[PDB]
Colleague: 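The following block contains the structure, expressed as structure tokens.
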Amino acid sequence: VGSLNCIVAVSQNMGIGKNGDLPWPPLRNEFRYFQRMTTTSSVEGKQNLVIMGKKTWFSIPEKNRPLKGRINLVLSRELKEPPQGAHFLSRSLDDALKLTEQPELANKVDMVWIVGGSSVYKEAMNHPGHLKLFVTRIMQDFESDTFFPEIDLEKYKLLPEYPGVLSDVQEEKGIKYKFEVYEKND
Ligand SMILES: NC(=O)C1=CN([C@@H]2O[C@H](COP(=O)(O)OP(=O)(O)OC[C@H]3O[C@@H](n4cnc5c(N)ncnc54)[C@H](OP(=O)(O)O)[C@@H]3O)[C@@H](O)[C@H]2O)C=CC1
Ligand SMILES: Nc1nc(N)c2nc(CNc3ccc(C(=O)N[C@@H](CCCNC(=O)c4ccccc4C(=O)O)C(=O)O)cc3)cnc2n1
């Protein structure tokens, strides 16, 4: 279909979260991009699937829930039913994908995106396969409580250029960030 894409925004300090929210002021072009990648499908007829954790689902305003133009999928080991507005519940990343394969998720599912969080990016990586890491490098410190799982990066390729990805350092709201994409076929 599509390959395990991971999409994360990192602060220099390796922070991704802080009290169920973002280590930084919301940055709208970074949001538009995020929207861009995860929704956008070439196969016709098919949606992308975004796999996300309990605390990530919840950070996202009710208002944009479930994310417009993507099958929303939630990972929790505690709810019984999936959070409202949210399309599936899956106790673990191995079954999230089994489901894809399952009967109706089959013809529909085009790519699958890992929006996070921590143990989800944690399950991801540690998979043998075609994984591309879409990394947004917020080039500032923000005190955060939740962090990026570190990637043995001698095992990834840093593509200099990616299809539709800005390659020069971007500056919104006095903040400065840059996009890099990583690969691995292990
Ligand atoms: N800035 C960015 O790019 C990103 C920021 N964020 C932010 O970072 C923080 C997210 O907090 P974090 O603790 O990472 O929480 P997550 O939202 O990733 O947690 C999802 C919940 O789901 C469960 N879960 C997670 N991984 C798995 C798994 N592999 N199998 C089953 N259940 C799983 C855990 O809950 P249970 O007890 O249900 O198992 C966890 O509580 C918030 O600040 C959020 O806004 C998140 C993603 C990207
Ligand atoms: N790289 C990258 N990777 C990630 N995994 C990632 N994860 C998060 C996780 N926490 C959230 C919180 C909110 C939303 C959300 O709300 N989602 C909308 C975006 C619409 C844009 N909304 C705006 O910011 C906005 C608001 C008003 C006017 C203009 C805009 C705009 O985007 O220009 C959508 O459809 O995807 C998503 C994730 C945050 N940042 C990330 N960055």
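Chain A is numbered as in the PDB entry; shown residues: 1-186, in order. Scope of the values below: all heavy atoms of this structure, side chains included, with no hydrogens, waters or symmetry mates. Whatever order the structure lists ligands and atoms in, that order sets their numbers, starting from 1.
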Colleague: Report the drug at ligand 2; options are LY2090314, GSK126, BAY 1217389, PT523, GZD824.
Modeller: PT523
Colleague: Help me out: which chain holds the greatest share of contacts with PT523 (ligand 2), per the PDB entry?
Modeller: dihydrofolate reductase
Colleague: Atom 32 (O) of PT523 (ligand 2): which protein heavy atom is closest, and how many Å away?
Modeller: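 That would be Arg32 CG, 2.7 Å.
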Colleague: Taking only heavy atoms of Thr136, which atoms of PT523 (ligand 2) are found under 4.0 Å from at least one of them?
Modeller: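 By the 4.0 Å cutoff, the relevant atoms are 1 (N).
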Colleague: If you scan the protein for heavy atoms around atom 29 (C) of PT523 (ligand 2), do you find one that is closer than 4.0 Å?
Modeller: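 There is a protein heavy atom less than 4.0 Å from atom 29 (C) of PT523 (ligand 2).
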Colleague: Give the UniProt-annotated NADP(+)-binding residues in chain A that lie under 4.0 Å from PT523 (ligand 2) by heavy-atom distance.
Modeller: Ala9, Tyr121
Colleague: Of all the atoms in PT523 (ligand 2), which lie at a distance below 4.0 Å from a heavy atom belonging to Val115?
Modeller: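 In order of numbering, the contacting atoms are 5 (N).
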Colleague: Hey, is PT523 (ligand 2) close enough to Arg28 that some N/O pair sits below 3.5 Å?
Modeller: yes
Colleague: Taking only heavy atoms of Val8 into account, list the atoms of PT523 (ligand 2) that are under 4.0 Å away from them.
Modeller: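 Those qualifying, in numeric order: 1 (N), 2 (C), 3 (N).
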Colleague: Between PT523 (ligand 2) and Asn29, is the shortest N or O to N or O distance under 3.5 Å?
Modeller: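 No; every N/O pair is 3.5 Å or more apart.
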Colleague: Under 4.0 Å from a heavy atom of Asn64: which atoms of PT523 (ligand 2) are those, numbered in the order shown and with their elements?
Modeller: 16 (O)
Colleague: Record the part of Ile7 in heavy-atom contact with PT523 (ligand 2) below 4.0 Å; permitted values are side chain, backbone, both and neither.
Modeller: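 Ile7 to PT523 (ligand 2): contacts from backbone and side chain alike.
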Colleague: Any protein heavy atom lying closer than 4.0 Å to atom 34 (C) of PT523 (ligand 2)?
Modeller: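 At least one protein heavy atom is under 4.0 Å away.
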Colleague: Note the single closest protein heavy atom to atom 11 (C) of PT523 (ligand 2), along with its residue, its atom name and the distance in Å.
Modeller: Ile60 CG1, 4.1 Å
Colleague: Could you find the nearest protein heavy atom to atom 7 (N) of PT523 (ligand 2) and give me its residue, atom name and distance?
Modeller: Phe34 CE1, 4.1 Å
Colleague: Checking a contact table here: which protein heavy atom is nearest atom 1 (N) of PT523 (ligand 2), and how many Å away?
Modeller: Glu30 OE2, 2.6 Å
Colleague: Which UniProt-defined domain of chain A has the greatest number of residues in contact with PT523 (ligand 2)?
Modeller: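 Chiefly UniProt domain dhfr.
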Colleague: Is the shortest N/O to N/O distance between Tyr33 and PT523 (ligand 2) below 3.5 Å?
Modeller: no
Colleague: Please state which part of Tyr121 comes within less than 4.0 Å of PT523 (ligand 2), counting heavy atoms only: side chain, backbone, both or neither.
Modeller: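 Only the side chain of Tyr121 comes within reach of PT523 (ligand 2).
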Colleague: Give the atoms of PT523 (ligand 2), by number and element, whose distance to some non-hydrogen atom of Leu22 is under 4.0 Å.
Modeller: 10 (N), 39 (C)
Colleague: Could you tell me if any non-hydrogen atom of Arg70 lies under 4.0 Å from any atom of PT523 (ligand 2)?
Modeller: yes
Colleague: With nothing but distance in play, are any N or O atoms of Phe31 less than 3.5 Å from an N or O of PT523 (ligand 2)?
Modeller: no
Colleague: Would you mind pulling out the UniProt substrate-binding residues of chain A that have any heavy atom less than 4.0 Å from PT523 (ligand 2)?
Modeller: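 UniProt annotation plus heavy-atom distance gives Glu30, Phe31, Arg32, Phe34, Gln35, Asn64, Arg70.
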Colleague: Can you report which non-hydrogen protein atom sits closest to atom 17 (N) of PT523 (ligand 2), along with the distance?
Modeller: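 Looking only at protein heavy atoms, the one closest to atom 17 (N) of PT523 (ligand 2) is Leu67 CD2, 3.9 Å.
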Colleague: Please list the residues near PT523 (ligand 2), using 4.0 Å as the heavy-atom limit.
Modeller: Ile7, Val8, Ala9, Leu22, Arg28, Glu30, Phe31, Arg32, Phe34, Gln35, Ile60, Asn64, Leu67, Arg70, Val115, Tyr121, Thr136
